[PDB]
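Structure note - tazobactam (bound form) present.
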Amino acid sequence: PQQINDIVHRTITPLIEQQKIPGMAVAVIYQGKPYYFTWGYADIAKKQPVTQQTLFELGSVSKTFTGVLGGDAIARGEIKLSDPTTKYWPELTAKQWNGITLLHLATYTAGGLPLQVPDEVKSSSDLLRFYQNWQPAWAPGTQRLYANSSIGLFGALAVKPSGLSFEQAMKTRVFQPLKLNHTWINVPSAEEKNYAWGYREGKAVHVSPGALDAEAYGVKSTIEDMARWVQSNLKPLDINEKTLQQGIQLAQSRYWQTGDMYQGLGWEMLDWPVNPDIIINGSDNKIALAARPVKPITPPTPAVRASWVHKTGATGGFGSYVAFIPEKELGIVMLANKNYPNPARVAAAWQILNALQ
Ligand SMILES: *C(=O)/C=C/N[C@@H](C(=O)O)[C@](C)(Cn1ccnn1)[SH](=O)=O
């Protein structure tokens, strides 16, 4: 009702002004049904406003789709996170890849894979040389270092038993079954009219191509489809497809623990209620991008409902954030065309959701 429109206005409006966000779209999920809000422009020079059909670069929020697609493949019996990486890429005959499993790739625990794939890596033979010549800093399953090269390789290998490409597998197994008809890995030409421009220090920019970009940060979506993406993760039991339903639960399963944070397949969870300063300060890159020791969780804790599930994402000129609480049936999406600091995103999201709790 009006309780939602009040808390969103008194929270996002100061956030937009303090961060000088050119355009923003927010979706609040309350008791299943979503509520949408828009501000600012999708194109500054053309003065095109932000609509419910405006495309935003999700950035690293794409990893949530990759983890769900990975869990879906686990439910189909095509892969196991315990399987060696070499089972799906035999040409990776390097000695350091002994014992590195798909779980180590998916949860950034392979031993120190770099944050980003190098810029010069473009062909599949370039990917091979990059992973063959990579030297780990720690043993498998000991240190967690957030890395696009880690989970990005997991997504490309998880779809090999299906025979489909990563783009086609994400379409026919995740996007289409959830009716995400406006979420694309590659934006079609007829949909570029809704493709908003990102802004990095005034200049309009889009995400540039890169190796394993679709698996790590290359997905774009609208505020309507992202809200439906939260409904699916809030209530996986409402999905008819069995493997996709189980894949969403496997993504929210707890495989590693660092402090009070649990690592899933793309998603990151903390027990609810949460100390807000932990998720706010923990979202800063000095903490989130740093290496941290992990403790295994065997067996992986099934999807705990009383949890705070969240994921930040950013590109050159975009800054997205998603957070939901399955027990309260509460969720929020924050899509902005500016890469403003992560702590401002989690602070505004917790204030909105705790008032609706
Ligand atoms: C997760 O949120 C990843 C974000 N990546 C962004 C960024 O850090 O802004 C990019 C994709 C970094 N990157 C990886 C490979 N090449 N660039 S953006 O800056 O290109």
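The residue numbers of chain A are those assigned by the PDB entry, with the residues present covering 32-388 sequentially. One-based numbering, in listed order, for ligands and for the atoms of each.
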Bound partner of tazobactam (bound form, ligand 1), most contacts, as in the PDB entry: Beta-lactamase
Tazobactam (bound form, ligand 1) covalent link, residue and atom or none: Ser91 OG
Other-chain residues near tazobactam (bound form, ligand 1) (heavy atom, 4.0 Å): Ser91, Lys94, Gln147, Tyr177, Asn179, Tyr248, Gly344, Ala345, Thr346, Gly347
